[PDB]
Amino acid sequence: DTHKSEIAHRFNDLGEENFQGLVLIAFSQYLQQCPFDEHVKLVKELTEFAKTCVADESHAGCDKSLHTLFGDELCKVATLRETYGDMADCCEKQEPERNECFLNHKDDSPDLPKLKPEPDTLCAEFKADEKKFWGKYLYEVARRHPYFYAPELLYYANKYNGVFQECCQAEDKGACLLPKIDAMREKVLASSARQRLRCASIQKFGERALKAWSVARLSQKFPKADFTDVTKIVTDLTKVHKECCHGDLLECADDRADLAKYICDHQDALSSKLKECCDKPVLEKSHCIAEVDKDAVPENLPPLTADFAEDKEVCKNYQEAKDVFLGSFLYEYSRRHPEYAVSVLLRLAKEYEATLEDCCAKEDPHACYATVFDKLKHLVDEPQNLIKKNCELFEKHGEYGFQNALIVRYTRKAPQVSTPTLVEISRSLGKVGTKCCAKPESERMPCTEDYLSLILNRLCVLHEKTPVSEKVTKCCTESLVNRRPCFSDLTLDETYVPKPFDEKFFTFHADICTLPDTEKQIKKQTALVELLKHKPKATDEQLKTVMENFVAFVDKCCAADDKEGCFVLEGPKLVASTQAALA
Ligand SMILES: O=C(O)Cc1ccccc1Nc1c(Cl)cccc1Cl
Ligand SMILES: O=C(O)Cc1ccccc1Nc1c(Cl)cccc1Cl
Ligand SMILES: O=C(O)Cc1ccccc1Nc1c(Cl)cccc1Cl
Ligand SMILES: O=C(O)Cc1ccccc1Nc1c(Cl)cccc1Cl
Ligand SMILES: O=C(O)Cc1ccccc1Nc1c(Cl)cccc1Cl
Ligand SMILES: O=C(O)Cc1ccccc1Nc1c(Cl)cccc1Cl
Ligand code: NA
Ligand code: NA
Ligand code: NA
Ligand code: NA
Ligand code: NA
């Protein structure tokens, strides 16, 4: 029955608290530069209207689309044009174009103040008003991460409240809190980047691209499931993801809850690992299901060669329904190989497709396709060889030195990219060494390829907004499945014209001496990028000499009596020695 008030329905389904949270998240993601207490006022107006429609669904306006109602609140914001410029032009449109226009203005790098955890203040805020404290967390994250997957953010906010519940009772609040914040922050940044990649997949490559990624991932998690159980779940899951990517946050959350319930009702057909998820309350249940471990591969699965290489009829089977035959290939390959990266499984399925396209046209197709697994294996061997070599490099240098080796590599590949992005991306890539290299053998390929696909996606999302390198545009737009190898294959960009030495990056005031370590690292890594932008062909030894003099010089002026005097008067010596080392 379609005679439904949508707002009433979502309020009925989700409950007041989650409804309010999701509405607050929607406003914070679309209007990232509005204060908390202004969005709270809008949430409260829409909650009062929802409750009116719950009481009486025939009440005037209860029949508007939820998204239409929300858009209307946006366009009634007095400071819309003033703060968001021509985002206010979006107000002239009809749905769904109005919404697509709003989504166009979400800012991926709003460069908002860095949140410093002050444990004494936060514990006071928390004790003062817990709900406010909860909403302030949803607002601060959502406005920094405007594609953050909204129901997961509700889950993280409950865990964030739990952290303060335990830690505020301690004597040293700081010692309890800070390691937990740190843990949270890494999990929330990864989560943001994961959902950002799902949104950019849908938008730039079609919803079929995301479906293929999810078929591969779900078949590895739930290897006893039938192909059509996987395609049903992937279909519902992709609709949830797309709804969240399109800002339909109440519908995304409501659908997600229905999917969690479906998976728990069918847990016998899917995975034994689901049992611990399925008695949890709804947000925790869903989270637990998304993070579930790969079930054990069943015994007795026939070898892949039986259907895909050995069988006489591969071409006939393929030609009858090419898409279904390849989806089934992907599913069969993925359930069998939890130790492969999902992107490697997609690359395997693409190459299997190209082989059949080629072989099935020949006189004797079977002699040509019988050996396809030998043609495929280089797609497993190449990433395995890269992972071994990059994890060695990581163990040789440590995380910071590995970040610096990545700075050199990426600035050579993409020297037109702005310095702060080269630094951010190289720092994130270096942390993949920390996150993955010490893992069990069967987890290293999924771990490193997954993180690379998140971080290269972040580069692609930034570069889409201000494209400066043709080679980045090619790697970012050509094919999602080959994005990571496309970047690995970039060498020194030969079209790049060097800039003059940008000496501000090698000149400091005394306040450098008391920067926290992360910030000192960033100052040094920024200089390193700038070296390469001035001298793209500089040798690793030249770079090392320079950077060694650099740290020697900062060390010396930091230990001076008159620090600023040293930096200012001795500074040009560093700048001349740097130009000599590079000559
Ligand atoms: O209103 C309350 O009881 C707690 C409170 C205090 C300050 C600001 C907001 C809120 N609640 C609140 C929150 Cl935290 C999020 C969305 C909507 C509302 Cl009404
Ligand atoms: O730190 C970020 O950039 C976002 C983030 C994610 C998870 C947990 C905490 C934070 N930031 C954060 C901090 Cl560092 C302090 C107080 C309140 C918040 Cl939301
Ligand atoms: O760490 C940063 O500030 C860069 C950044 C911005 C937005 C979202 C994620 C990230 N970093 C990041 C990424 Cl892109 C992937 C996995 C894990 C992390 Cl911490
Ligand atoms: O068939 C595809 O294009 C990929 C795919 C993957 C998982 C689940 C379903 C599908 N196909 C599919 C699609 Cl793309 C749209 C609507 C319904 C279905 Cl069954
Ligand atoms: O980065 C590359 O080109 C090689 C490669 C391929 C697949 C997966 C990871 C990696 N490299 C990689 C690894 Cl294996 C660990 C930490 C950081 C990086 Cl950049
Ligand atoms: O290794 C050092 O002590 C010199 C130094 C200081 C700051 C930043 C980088 C470097 N060295 C460095 C360089 Cl210049 C390039 C690739 C890898 C490394 Cl570890
Ligand atoms: Na099946
Ligand atoms: Na729906
Ligand atoms: Na391929
Ligand atoms: Na390479
Ligand atoms: Na300077």
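The residue numbers of chain A are those assigned by the PDB entry, with the residues present covering 1-583 sequentially. Hydrogens, waters and symmetry mates play no part in the numbers below; they use all other heavy atoms, side chains included. Atoms within a ligand are numbered from 1 in the order they appear, just like the ligands themselves.
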Item checked: Drug listed at ligand 1 -> diclofenac
Margin query: I'm curious which macromolecule has the most heavy-atom contacts with diclofenac (ligand 1) - what does UniProt call it?
Written below: Albumin
Checklist line | Sub-4.0 Å atoms of diclofenac (ligand 1) with respect to non-hydrogen atoms of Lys44 | finding: 19 (Cl)
Check: Which organism does the PDB entry give as the source of chain A?
Finding: Ovis aries
Notebook entry, point to check: Which Ca(2+)-binding residues annotated in UniProt for chain A have heavy atoms under 4.0 Å from diclofenac (ligand 1)?
Noted result: none
Next item on the list: With atom 11 (N) of diclofenac (ligand 1) as the reference point, say which of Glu130, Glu48, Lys131 has the nearest heavy atom.
Entry: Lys131
Check: Considering only the protein, which heavy-atom contact is closest to atom 15 (C) of diclofenac (ligand 1), and what is its distance?
Finding: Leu24 CD2, 3.8 Å
Check: Which protein non-hydrogen atom lies closest to atom 9 (C) of diclofenac (ligand 1), naming both residue and atom, and how far is it?
Finding: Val40 CG1, 3.5 Å
Check: For diclofenac (ligand 1), which atoms, with element, lie under 4.0 Å from some heavy atom of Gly135?
Finding: 14 (Cl)
Note to self: Can you report which non-hydrogen protein atom sits closest to atom 17 (C) of diclofenac (ligand 1), along with the distance?
What the structure shows: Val43 CG1, 3.8 Å
Next item on the list: Ignoring hydrogens, tell whether any protein atom lies closer than 4.0 Å to atom 19 (Cl) of diclofenac (ligand 1); use the non-hydrogen atoms only.
Entry: yes
Next item on the list: Output the list of atoms in diclofenac (ligand 1) that are nearer than 4.0 Å to some heavy atom of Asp129, sorted by atom number.
Entry: 4 (C), 6 (C)
Next item on the list: Name the UniProt domain of chain A that holds most residues touching diclofenac (ligand 1).
Entry: Albumin 1
Margin query: So, at a heavy-atom cut-off of 4.0 Å, what does the binding site of diclofenac (ligand 1) look like in terms of residues?
Written below: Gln20, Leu24, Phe36, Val40, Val43, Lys44, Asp129, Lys131, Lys132, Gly135
